[PDB]
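Below: the structure, in structure tokens.
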Amino acid sequence: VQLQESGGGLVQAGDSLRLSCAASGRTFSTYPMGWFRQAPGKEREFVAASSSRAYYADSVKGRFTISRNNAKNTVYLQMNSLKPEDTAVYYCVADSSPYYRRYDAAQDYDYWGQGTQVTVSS
Amino acid sequence: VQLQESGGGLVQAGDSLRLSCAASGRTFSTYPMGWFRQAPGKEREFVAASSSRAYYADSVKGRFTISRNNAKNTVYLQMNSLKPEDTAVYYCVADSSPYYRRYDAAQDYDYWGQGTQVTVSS
Amino acid sequence: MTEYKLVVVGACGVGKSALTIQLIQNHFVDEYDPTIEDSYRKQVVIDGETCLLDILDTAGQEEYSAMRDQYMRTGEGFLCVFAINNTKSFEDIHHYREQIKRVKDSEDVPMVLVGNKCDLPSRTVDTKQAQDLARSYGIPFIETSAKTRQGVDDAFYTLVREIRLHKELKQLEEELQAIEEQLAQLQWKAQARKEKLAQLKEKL
Amino acid sequence: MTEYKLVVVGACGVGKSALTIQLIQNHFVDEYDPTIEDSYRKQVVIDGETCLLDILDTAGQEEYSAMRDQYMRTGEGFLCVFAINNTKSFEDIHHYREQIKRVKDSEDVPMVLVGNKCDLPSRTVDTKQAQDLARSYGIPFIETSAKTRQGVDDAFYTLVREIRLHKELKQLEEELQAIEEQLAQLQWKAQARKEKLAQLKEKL
Ligand SMILES: *C[C@H](F)C(=O)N1CCN(c2nc(OC[C@@H]3CCCN3C)nc3c2CCN(c2cccc4cccc(Cl)c24)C3)C[C@@H]1CC#N
Ligand SMILES: *C[C@H](F)C(=O)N1CCN(c2nc(OC[C@@H]3CCCN3C)nc3c2CCN(c2cccc4cccc(Cl)c24)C3)C[C@@H]1CC#N
Ligand SMILES: Nc1nc2c(ncn2[C@@H]2O[C@H](COP(=O)(O)OP(=O)(O)O)[C@@H](O)[C@H]2O)c(=O)[nH]1
Ligand SMILES: Nc1nc2c(ncn2[C@@H]2O[C@H](COP(=O)(O)OP(=O)(O)O)[C@@H](O)[C@H]2O)c(=O)[nH]1
Ligand SMILES: [Mg+2]
Ligand SMILES: [Mg+2]
């Protein structure tokens, strides 16, 4: 019922960052998880998701890494070869419904976190 | 696309009736079918349906028979040990949506028939 | 948002009306009138999560009217108390359990057994006997001393834990059943559509 | 609600502009100016269901501008005509098919071959050759006589039937893919929930 975020901040272009999202409410091993992002003045865009198989967005394919650990109900996002056009705010999301929910639908998930800021300088 | 029903009318109590509903629009072998009932002044009530296994309602359980024939896309309802309380109008219904739809929900079926009248005398 | 209701049942002179007051007000009374029947409310923090506890102590005269049991059975947890000197209280506890079984009509309810006033008085009923009865009945057994304030908190926490486990099991079973029905219907639809596709392809 | 568009391609003096007029207006003309390029509309009743047919005859002067092919490719059916006396028309039909393949970029399109003016004139190109080419190309072949009004209706009906078959196949494949994805996700959810239930039950 509660999600915590860590790892945000401001860095330079070309470096690599690692962010963590931990579910501290209750057992979430049966709950799919994912990440959404939003730039200042734009709309929500799905980035990655954890399911039966890994799902990825088209604009960040081949560089991002998503990891899941059920020991503490944590999801980690590792970003390398970062481009300056990714300065935005990122949210951690989770799903709980038993019926089918679309993975890429922003309105199909029901649990949300506070979010963190990622900034890249020139 | 089009459903045609036959066999209605007025009979006496305790007799036996057989009604037919034929789909003559296009292929319907992948479309579940069913029957609904409406008494004068009452609401819609599901009666029977054809699916992976036969389904029945509680009010008419154990005395109604539903048969299917995919050779000509026909569904037959056989009613025996009739009671005067069943004087009503019956509709033939079918389903088409690929996604899951509730069998007992009246609003989860796409295609609808015209309607036939069954009357029981004392 | 998180409230649990518990009922404490015992016998005559086995620590009744002395555990709830010690738990709530942190004070002891040497003598109390058994005719008083009252309910208590208290907030607690168990396993890092806050909770509300309502405690009802079975007291008063012998009543068998249907109105009493209609106002009752709202409890979700049951704690049965006994001492180490009353075979009469043992038999009363057994009879009370046998009656609540059929009254609730549930296969299993959250039930805990508590042995009160053990350190000070002389000790007669065997711990082996008590543990054998607890294992045979399938309910946890806890030793509690009223005046020294030990055991009450852990007993209440274990009762709450049993309640939580039962709720989780029921929810999981219901969800599994719904998912299985979804699976069956979708599988039949897929089989029919695939057969139709194969039949259509065979023509061309 | 049910409209199909067809394009008739042929060569010079092989029955062009003489089949569409006979089909539509039921009248014959001995001579017609090839420079005229027009489209025809007609309603029909095929297999008990009404339908609309738009017919476009490839005519006019030699053109290769991009605007021509941009306005074109809207067709859904293609009928290629030939006679039994022009190897030149044979080669022209082959070249036209080879070009429309890459122009449309679709692996297979509704395609029919029609042999016109067979009963009256002398007959040279072998029916065995025609059938061999039809079987090698994978498209139906129909013999049609313009002045006696035979074959046009059945050829058009078969082309419409091919269009219907292709649409049905595409729809069925898409639905099967969607249902398969549904089943996979539900399977994983059920497995996770059942494992959690077993783990919870093991504790108690
Ligand atoms: C004596 C002292 F005041 C005392 O501890 N009491 C008072 C009596 N009361 C009570 N007593 C009995 O039976 C008493 C003996 C035991 C065998 C038969 N007699 C002789 N039975 C009950 C009660 C309280 C109300 N109980 C009850 C009623 C309806 C439903 C229901 C459902 C589940 C459980 C119970 Cl106990 C239910 C029957 C209270 C107390 C001794 C006890 N506790
Ligand atoms: C001669 C008489 F008027 C006649 O039947 N015509 C007129 C010319 N026209 C035509 N002709 C050619 O090539 C003609 C010869 C054959 C080999 C090369 N030359 C010498 N090619 C086309 C056309 C009509 C337009 N076509 C075309 C154009 C763009 C895209 C496209 C895509 C698919 C299919 C075609 Cl046919 C496409 C090329 C028409 C007609 C002869 C025929 N019918
Ligand atoms: N030796 C001893 N007696 C206790 C303790 N707590 C309560 N008691 C006794 O239990 C009695 C209080 O319970 P009681 O009023 O008799 O319950 P009820 O009459 O059945 O409703 C008192 O007489 C106390 O002397 C304890 O920790 N040690
Ligand atoms: N022997 C025969 N000739 C036909 C028939 N239908 C049309 N024709 C001939 O086809 C000629 C028409 O030329 P046409 O098709 O318009 O050439 P185009 O320039 O390619 O369009 C006429 O001279 C007719 O004699 C038929 O059923 N039998
Ligand atoms: Mg007391
Ligand atoms: Mg012509």
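Chain identifiers are assigned alphabetically from A in the order in which the sequence lines are presented. In chain A, numbers come from the PDB entry; the residues present are 2-123, in order. Using the PDB entry numbers, chain B covers 2-123, in order. What you see of chain C is 1-204, where the numbers are those given in the PDB entry. Following the PDB entry, chain D shows residues 1-204, kept in their order. Whatever order the structure lists them in is the order used to number ligands and atoms, beginning at 1.
The macromolecule with the greatest number of heavy-atom pairs within 4.5 Å of ligand 2 is, in UniProt, named GTPase KRas, N-terminally processed.
PDB records give the name of the drug at ligand 2 as MRTX-849 (bound form). Other chains contributing a heavy atom less than 4.0 Å from an atom of MRTX-849 (bound form, ligand 2): D.
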